[PDB]
Participant: 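The following entry includes SCH 48973; I'd like to go through it with you.
Chain letters run A, B, ... following the sequence lines, proteins first and then strands; every chain starts at 1. Cropped entry; intra-crop contacts only. Just so it is clear, the values below take in all heavy atoms, side chains as well, and ignore hydrogens, waters and symmetry mates. Both counts, for ligands and for their atoms, begin at 1 and track the order of listing.
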Amino acid sequence: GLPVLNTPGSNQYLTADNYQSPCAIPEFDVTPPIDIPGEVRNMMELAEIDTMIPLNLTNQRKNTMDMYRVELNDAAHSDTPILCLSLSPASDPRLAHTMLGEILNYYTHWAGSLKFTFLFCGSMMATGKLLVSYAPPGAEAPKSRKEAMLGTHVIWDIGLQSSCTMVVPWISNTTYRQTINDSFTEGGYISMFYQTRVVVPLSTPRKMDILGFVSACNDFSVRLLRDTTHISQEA
Amino acid sequence: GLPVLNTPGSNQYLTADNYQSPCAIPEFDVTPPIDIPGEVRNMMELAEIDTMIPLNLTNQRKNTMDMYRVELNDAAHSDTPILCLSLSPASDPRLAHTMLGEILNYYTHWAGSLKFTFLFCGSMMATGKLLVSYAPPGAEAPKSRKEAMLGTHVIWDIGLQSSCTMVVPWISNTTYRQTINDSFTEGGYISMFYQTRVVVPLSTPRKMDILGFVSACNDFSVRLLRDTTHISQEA
Amino acid sequence: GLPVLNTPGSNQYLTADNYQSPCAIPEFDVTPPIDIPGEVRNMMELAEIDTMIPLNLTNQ
Amino acid sequence: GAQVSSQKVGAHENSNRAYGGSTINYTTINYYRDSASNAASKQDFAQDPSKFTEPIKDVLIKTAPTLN
Amino acid sequence: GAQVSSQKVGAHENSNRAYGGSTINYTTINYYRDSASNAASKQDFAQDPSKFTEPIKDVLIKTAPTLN
Amino acid sequence: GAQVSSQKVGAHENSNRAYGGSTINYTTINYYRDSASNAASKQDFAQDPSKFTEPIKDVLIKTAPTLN
Amino acid sequence: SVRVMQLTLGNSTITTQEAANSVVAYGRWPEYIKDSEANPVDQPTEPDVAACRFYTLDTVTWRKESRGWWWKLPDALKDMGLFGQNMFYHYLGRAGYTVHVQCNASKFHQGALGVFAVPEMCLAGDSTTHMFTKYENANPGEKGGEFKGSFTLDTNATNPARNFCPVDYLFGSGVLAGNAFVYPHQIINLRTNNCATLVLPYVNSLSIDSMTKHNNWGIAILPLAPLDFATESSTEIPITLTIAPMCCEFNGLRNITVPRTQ
Amino acid sequence: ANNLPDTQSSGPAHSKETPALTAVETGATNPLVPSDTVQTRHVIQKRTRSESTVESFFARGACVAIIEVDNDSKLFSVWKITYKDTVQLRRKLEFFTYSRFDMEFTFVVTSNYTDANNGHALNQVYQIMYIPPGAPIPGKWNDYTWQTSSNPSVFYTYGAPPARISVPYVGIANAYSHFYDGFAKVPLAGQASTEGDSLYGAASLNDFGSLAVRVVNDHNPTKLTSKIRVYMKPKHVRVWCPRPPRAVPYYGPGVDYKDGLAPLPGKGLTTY
Amino acid sequence: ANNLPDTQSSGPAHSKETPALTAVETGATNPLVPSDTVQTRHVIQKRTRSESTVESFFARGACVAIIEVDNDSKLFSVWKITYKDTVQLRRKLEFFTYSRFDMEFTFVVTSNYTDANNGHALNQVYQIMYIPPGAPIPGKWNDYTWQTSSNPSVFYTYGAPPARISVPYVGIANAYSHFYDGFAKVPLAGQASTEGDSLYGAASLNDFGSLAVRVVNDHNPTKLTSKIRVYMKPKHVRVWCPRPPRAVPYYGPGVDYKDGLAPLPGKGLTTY
Ligand SMILES: COc1ccc(OCc2ccc(COc3c(Cl)cccc3Cl)cc2)c(Cl)c1
Ligand SMILES: COc1ccc(OCc2ccc(COc3c(Cl)cccc3Cl)cc2)c(Cl)c1
C-alpha cells in the first residue's frame, strides 16, 4: 500500500481535538429546525445584558433578597462612601455571581469596558445628587469624596430618568487581565458618595433603596476556556 | 513515507460503519440477474399494504382464526362500543403483529397517517349503519357514541361497496412518535358504534362478522433502526 | 502528520489479496523473454483439447 | 477517479460552511478492482408500491365505485 | 471535494510564508456521507444582542430621554 | 500517475451510482520503482487454443471431410 | 363492468357475472424466456393451445367446520392432459397460470374465502425431525391438502407419517395468517362475488427449473368468515378450482419420468 | 429513500364521489390520504424514508456464528456456512423470498486462560480457511490442507483490529432463495424407499462450503480457548417477493414449528 | 466570532443629550461605550470574540458517565443515556433552554487486576451496544440480544486508541429541551389518584435508550474490573433562550435544591 510514517501524537486523545468520525446511526431522517425565538450565537451577547449586583453582602443580608438592596437616607451631607467595590469582575464576591461574572469564570482572560447602572427606588418626592467613581489601580483606594472625585466619575442627578450609567473604561497595562485576584492585573476601585444629600418633604419615607446593574460594553472579550469553580460534585 | 497521525476511533469496529475491504474471491464470474417479479426498494412499501388485524384477543379467541373476527348482530340500537383500540401501532397487542406493526418494531420512531378498512361479511340481505371513530389523546376515552361522534369519524352505510376506510390523520405534538407505550407520545383512541342497527329479514343469519385491515398512508415514515422483541433465541 | 483512522481488516493477511510491496532485489537486470512456442493465456484452453477417457474401470 | 457527492445536512452549525461549499460535500475513491469490495453508496431509489397495493387488472379510481 | 480556508496567523515566523501563500491556508475533505461525522468548521458568525439587550417596542436613542 | 479503470459490477445496489459514474471505477497509483513491487492488474487477455486444439498443417473445415 | 368477464384460452372459455376484478400478481403477466435470460441451449417445445387451456381440478366442499385448503403448482396439474405429458417428458419446464376459483351461494348465505397465491409456499411438517416430509406427501396432485386448527406431532417412530401439519392461523408455516395479504390475493365474500381470478407470472430465482422437483406457487384458501345459512346448521357449498397454464416451454427432452407414489 | 408528499388543504364535500367506500375483495388496498375523509390544512412535508430503504434496513453487521477452538481434535474447528444458526439476521432476510447482494464478513476474535493461576502462551495467530464445496477438509490442525494454495485464507494476529473481507454474489442461481418449495431428488417408481429420498426444502447438500479455523502456533500444555464471532453484512442489496415475518419460534432450518405456537396475549375487545 | 469596534476619540461635551441618564424600568440595557461619559483616544481594536462563540464554548469532550463491568450479573452493565449524571457539562448546557446539535462520543477504557499477586487474563475486547427505546435489553452477558443485527455496536480492543463515534440530531422535537415545564400525563377527573400521575418536568420514560457494555472474552476466575468513561462533545451547535446559571448544588434530574442554599460569602458594603 501507500508508505506511511507515524508521527508522535498518534493514538492519543486530545479532549479539544476536532476530527471526523463514523456515524453510528447512518441515513437517519433528522427532524428539521423551526424558528424558535431567542437564539444565541456568542456567549458575549449574554455578558452585555444588565444583571443585578448583590452589593450588600453583610452577614444579615447575604443570601437573601436584601443583598441586592443598598439603602440611602435623607441625612445631612457626608463624605464617606455609600459602597466600595474592586474591579475584579470574576473574583470580587459581589461581581463573581452576576451573569457577567458567571461567564468570566469559564475563561482565563478578560478585556474591555464595563458599565454600572444604578436605579433609584425612592418616592417621586425624593431628590438628590450622587457621585459614582472609578479609580484606576496604583494609589490608595478612595475613602472620601475628595479622593474619588479625582478619578473617573459621573455626577448623578435624580429625577425623571430613574437610572444613571457610569462606564468603567478599559484602562490597563496588559492587553488582557486575569479572571483571578492577582495584583499584577488589578483593575481599580468603584465607590459612591453623596454629592449633596437626599432630600424628602414631610409625609415621605426618609430611607430608600437603589439597585445596581452590571454589563459588558461592545469592546469586551474573553479567552482561554477553563473550568469554573462555581459548580462541584461530591462523590 | 507520508507522515500520518492516528486519530481516536482507530482500530475499532463500528457495527454500522460503511468502509471498503479486500475481496476474498477475486475475478469471480458473477451470475447476472434476471427480472424476477415483485422486487422491493423500501420497507415502507410493505407497510402500505392492507393486513388483517387480530381485533378479538379474548381468551377463547386469541391465537385462533377467531381473533380476526368481530361479530355483529341485529339487536336493537345500543350506544356501547363494538370494539376499542389505542393508537399505539407498534405496541398495542392488536396492532403490534400486523405487517405494519412488525416493521415498526425494527424502528424507534414513526410518523404519518394510517387508515383502517372494515369488511362486512354478512349476507346480502343484511343492512346497517356504523360509526367508526378516532379521538386524539388528552380527554377521556370514548365510551358512548355520543363522545365518539365529537372526534374524527366516518359513518359507514353498508351496501354494494362492502368495505369502508377511516383515515386516522397525523395529529401529533412531536414530529415523531415512539414505537413503545409512552404517554408523552400517546396517539389516541379508535372505537366503533352502531349508528342505527343491523337489520336482516326472515330466513337470514342474525349474526355476522366484520374483518379489520390496517395500512400506512403515503406520508408515513420510520427512523432509528433497532432490534425487535418479536424474535428471541434461548441457548 | 495527516490524520488517519484505522479500519477493521487492518494488519490482517488475506491469502487472496492484491497489494504492492517493496522489492528485495532493487535495480536487478532482468533477463528478457524469448518467443517460446506453446504459450498459454487461459486454463480453459487446456480443457478444450481432446483427452482420452478411462472408460473401462473394471477391477482387472 | 474520485466521486464527490453532497451530504444532507441535519444539524447546522452557525457557519455559512454549514449551508454551502465543499464543506457540505464528501469525497469517495474506490481502491479495489472487484465491485464487492466497494462500500454501499446509499444514494438509493424508491418505487411505486402498486405492484403490491393494487395488483388489479382493471385500474380503479378511489373516488369512483370499486365494484362497478 | 477539498475545502481550502485560510488560518488567522497568531505568532509569525521570520518567513514570508508566515504572511502569505498556501502556507497560511489549511485544507479539508469530508470522508463521510452523514453530516454528523463532520468536524466543526469553526468559521462561526455573530449577531445583534438587541433581542436581549433592548427588546423594546418603541426604539429609543441613548442620547435622547428614555422616558418621554 | 494515477490509473483509473472501471469495475465489472456484479451485484447492483438500488442506486444510479451502481450503474455509472466514478462510483464504478477504481483508482491505482504505483509507489515503487521496480515493476516487481507492483500488484497484478488482472486485466488479462485470452487467445486462440488452435496451437493445441488444431496443430494441423493443412487447415480443415468441420463440415468438410477430415480425411480427404 | 368490474363484475362481468369472459376468459378464453385454447378451446376453453369461462364466464362470470359476479367478479370483483382480477389480480395480476406483482403486476406481471406471464411471458416466455427472452434470449438475454435464456439458459438451456436446446430448442424449447411450446405446446401452446394443447397445454395452455383451462383444466378443472376436483371440487371441494365448504362447511361451517372447514379450516382451509391448499394446492401446489405445477403439481396439481401433473396429470392434466398434454400439460402433464410435457411436464414428465422434459427435464426442465416453465409456466405461468390463470387461477379461477368458483363459489356461488345465495343472498341469504354469508362467508368469505381468502384466496392467496404464494411463491415458494413451504409448509410445516408433523415430526421433530426437520424437513422430514416425504416427496409423496408434499405432492398430493389435484386433490391438494387441508389446513388444520392445531398442531399435532407425529410420534409413531416405527412408521412416521412424514407429512405436513399446516395450522391455519399460522398459515401452515409459522407466520400469522392475517399478514398473508402481502401475497397476491382476492376475497370471495358471498354477499359480493362468485369467484376470484389471479394471473400468475413465472416466479423463481432461475429462468427455468425442474417441475417435478420444484413447486413455484402455492394456492391457499382459508375461510376468513365461516359459512352460515338461514338457520341450517347444515350447509355445504362447493368450491371448484379451474387453472390454466400459460406460456409453457419445456427443455431437455428424454424418456418419460414416472415418479414414485403414495 | 426519498420525500413524502405535502398535505394539501382540503375543505368540505357533498358529492357523489365516495373514496371512503371500497371493496377489499378485489385484492387492492384503498389509497386514501387524510384530505379524503377530513378537512386538512396545507403542510409542507419534510420527512423522508431514507432509513427504511432495503439497503439501510440490512446495513448492519449481524452475528451468524461463534466458532470455538481449544488450543488445549479441538486444535481446529469447521463451521458449515449458513445464516440460520442465529435468529436475528435470519428473520430480517425472511421478509423476502429471494435476494441478491455482496457480503462483508468481520471477525471478532477473543481468547483467555481457562486457569486463573496456570499456564502462559505467546501471542496467537489464527488461520481462517474457506473450504469451497469439493476441496479437501482438514483432518488435523496441521495436515497438508492448510497450505491453502488455492483456498482463500485469512491470517489474524490476536489483538489486531477485527479482520474483514468482502465476498461477491456467489449463488449458482440468479438470486439466493430464502425458501425452496421442493426437493433435490425425485423418487422414481420402482426404486427402493431408501432411494430417491431427500430433505424437503433443501437444495445442495453443501451449498456454500465451510470455514476451517485453527491457531497456527504450536500448542503449549496451557489450557486456552478462543472464539471467533462471525459478523456478516449484506451490501448492494436487491430483494424480491415480500412475505409475512416469522411469528412463532424457529424449529430448525425449515419453516417447522413446535413450541411457541400462541404468540398473542389476551386483550378485551372493548378495552383500549 | 468576530472583531470588536474601534474606540473613536471623543472630546468634551456640554449638551442636552444625556446618554448617562436612563430608565431601566423599560427592560432595556443602556448601550453606552466609554466615549459617552469620558474623553477617549482613537484605539484600533484587534481583539475578537472568536473563542466565546456558542460552538467554541461547547467544543470540549466532557465526561458524562463511568460505566463499570466486573469480568469477575456484573459480567455486563447497562447505562441509561443522560447528561445529568455529571455536573460540569450539565451546567453549561443549562445556560440555554433549547439546543440542537450533533454528538461525538469518545470512550476511554481502563482495566486492572484486583489482586496484586493473583490471576492472569489475555487481552480483552469490549462490546458497547446501543439499545434504542423498545429494543430487547440483555438479561445475560451472553444472551441472544448481543447479536446486534440492527442495534449499533462498537467493539473495542483493550489498549487501542479510545473508540469514537458520531450521532446525528436524534430528538423527536425540533430541538432538545433542557427544561420542560409540564407532565407526560394529565390526570382526568374521576380516575383513582394512582391514575394519571407522572413526574413533573419529565417527558418520555425512556428518552434516548441506554448502553449495554460487556467483555466478550470468556471470563476467567481471575478478579478483574473495567471502567468505560464516556466523553461527549456537542458539535454543530445552535442554542435558544438564555437562562441564569445554576447557583446552588444540583439535587436530582430536576431543578430541585436542598443543600448549598447560601452560595455567597460575606463582604462589607464599604469594603474594597
Ligand atoms: C441536550 O443534551 C443531550 C441530548 C441528548 C443526549 O443523548 C442523546 C443520545 C441518543 C442516542 C445515543 C446513542 O449513541 C450511541 C450509538 Cl448510536 C452507538 C454506540 C454508542 C453510543 Cl453513545 C446517544 C445519545 C445527550 Cl448525552 C445530551
Ligand atoms: C441469503 O443469505 C445468504 C446467502 C449466502 C451466504 O453465504 C454464502 C457464502 C459463500 C462463501 C463464503 C466464503 O467467504 C469467505 C471467504 Cl471467500 C474467505 C474467508 C472467509 C469467508 Cl467467510 C461465505 C458466504 C450467507 Cl451467510 C447468507
Participant: What would the PDB entry call the macromolecule that lies against SCH 48973 (ligand 1) with the most contacts here?
Facilitator: poliovirus type 2 coat proteins VP1 to VP4
Participant: Name every other chain with any non-hydrogen atom less than 4.0 Å from SCH 48973 (ligand 1).
Facilitator: A, I
Participant: How does the entry refer to chain A?
Facilitator: poliovirus type 2 coat proteins VP1 to VP4
Participant: Name the residue and atom that form a covalent bond with SCH 48973 (ligand 1); answer none if there is no such bond.
Facilitator: none
Participant: What is the organism of origin for chain I, per the PDB?
Facilitator: Human poliovirus 2
Participant: Could you walk me through which residues contact SCH 48973 (ligand 1), taking a 4.0 Å heavy-atom cut-off?
Facilitator: A:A24, A:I25, I:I81, I:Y83, I:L93, I:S99, I:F101, I:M103, I:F105, I:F107, I:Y130, I:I165, I:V167, I:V170, I:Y176, I:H178, I:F208, I:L211
